[PDB]
Novice: 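I'd like to talk through a structure of lopinavir bound to Plasmepsin II.
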Amino acid sequence: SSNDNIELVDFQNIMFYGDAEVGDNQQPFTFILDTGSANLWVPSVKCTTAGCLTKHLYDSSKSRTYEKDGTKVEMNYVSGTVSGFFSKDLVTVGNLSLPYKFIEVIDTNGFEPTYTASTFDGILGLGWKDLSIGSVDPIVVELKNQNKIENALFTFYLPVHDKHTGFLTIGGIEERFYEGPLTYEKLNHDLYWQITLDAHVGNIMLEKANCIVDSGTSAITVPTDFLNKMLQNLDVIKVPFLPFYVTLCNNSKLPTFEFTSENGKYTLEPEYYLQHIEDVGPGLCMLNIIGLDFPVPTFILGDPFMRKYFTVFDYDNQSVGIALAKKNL
Ligand SMILES: Cc1cccc(C)c1OCC(=O)N[C@@H](Cc1ccccc1)[C@@H](O)C[C@H](Cc1ccccc1)NC(=O)[C@H](C(C)C)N1CCCNC1=O
Ligand SMILES: C[C@H](CCC(=O)NCCC[N+](C)(C)CCCS(=O)(=O)[O-])[C@H]1CC[C@H]2[C@@H]3[C@H](O)C[C@@H]4C[C@H](O)CC[C@]4(C)[C@H]3C[C@H](O)[C@]12C
Ligand SMILES: C[C@H](CCC(=O)NCCC[N+](C)(C)CCCS(=O)(=O)[O-])[C@H]1CC[C@H]2[C@@H]3[C@H](O)C[C@@H]4C[C@H](O)CC[C@]4(C)[C@H]3C[C@H](O)[C@]12C
């Protein structure tokens, strides 16, 4: 009764992948696991783009349980876009497996140069029902309505460079994951794992500002103007043309993000957002922070933030629970 989960592997510290399998043959696929996208895709063997020639492709021939919606699709991210068509089939996960409506992909063209650069094969969305293209029911919620899960939640324990592995468990909470009390944050929404936190860094603040908690984002994002107020006299330096900064790893001026709610207070310290890049130069870190202006002032608590806090996404309680992870194995 050790619960079900999936092994998810640190990729150099930037981001992580859980491998999973569509088709009764459990056809291989390495994925991104994104809270924020509500749809899962994989690249068909009918794929016509150079992108695809890199990792594993779906042949629906080889599936016994294959059904075809056949309706043409185009999945859009901010990072770019994959397009294909809709299909059905069962998809196993850890010890658990069911029949799902998913987007067979045949076109990476507009997801380069990042996809053909990556190792992951498709993006398992983990988002919300009303946000699915083609009306799709989220996985975790199906495992409940199908009584296959003990609660309709999913729990994210993220890995660390050469330190320990990571585990997305789906139903119940594994205690060995966190120390200090889980704090639940209400969704200020009904399509997105986003809450209302009061983000400060030094003199600078924002208060009552949507914070998205996205598994498929490998940075913090910050309102551009807030990020500028942030960097005033801090001895960091934008890369030319790229919206990324670099700095000495030792830079003592690098702040500590602090987030307040009525309920709980959370904090990010440089070591979690600094990204060593010796590859360039000595004790030279890249910041893992991007400036990004929505219409309403918003942050995105991604890999750095999560790799800090054990984090639980409960559909039924329309909340994200947060507490501090453990050190190692
Ligand atoms: C879900 C959705 C709804 C409406 C509109 C759009 C554009 C929507 O999709 C946007 C979206 O999900 N983007 C992010 C978060 C989001 C939601 C809304 C607006 C903006 C962002 C995130 O969740 C997933 C998305 C896709 C992705 C692509 C390649 C590898 C991994 C992930 N990842 C990224 O874009 C991220 C950064 C740049 C945000 N990213 C880029 C690569 C490398 N790693 C990384 O961290
Ligand atoms: C999402 C934001 C853009 C926000 C914005 O607001 N930018 C204007 C959009 C253009 N228009 C004005 C025409 C929109 C339509 C008009 S409208 O007025 O309707 O909005 C853009 C700006 C810079 C972009 C990143 C960098 O590239 C580097 C990198 C390249 C990879 O490959 C993919 C990942 C990554 C991290 C990129 C992600 C994302 O992509 C970023 C954050
Ligand atoms: C973008 C459109 C609205 C149309 C629009 O954008 N109308 C004008 C605004 C001005 N712009 C921002 C275009 C100026 C760009 C100037 S530029 O300098 O780029 O040229 C709106 C409509 C619904 C919105 C999403 C949902 O809520 C769910 C979710 C909430 C999170 O919290 C943030 C992510 C997400 C996916 C939202 C993103 C975005 O918010 C959407 C697509």
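Throughout, numbering of the chain's residues begins at 1 and tracks the sequence. Order of listing sets the numbers, starting from 1, for every ligand and every atom in it.
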Novice: Mind telling me which chains or ligands belong to lopinavir?
Specialist: ligand 1
Novice: Write down the UniProt domain of chain A that holds most residues touching lopinavir (ligand 1).
Specialist: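 According to UniProt, it is Peptidase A1.
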Novice: State which organism the PDB entry lists for chain A.
Specialist: Plasmodium falciparum (isolate 3D7)
Novice: Which residue is it, and how far: the UniProt active-site residue of chain A nearest to lopinavir (ligand 1), by heavy-atom distance to 1 Å?
Specialist: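 Nearest UniProt active-site residue to lopinavir (ligand 1), heavy atoms: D214, 2 Å.
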Novice: Which residues and nucleotides from other chains come within 4.0 Å of lopinavir (ligand 1), counting heavy atoms only?
Specialist: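 Using heavy atoms under 4.0 Å, it comprises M15, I32, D34, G36, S37, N76, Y77, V78, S79, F111, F120, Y192, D214, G216, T217, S218, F294.
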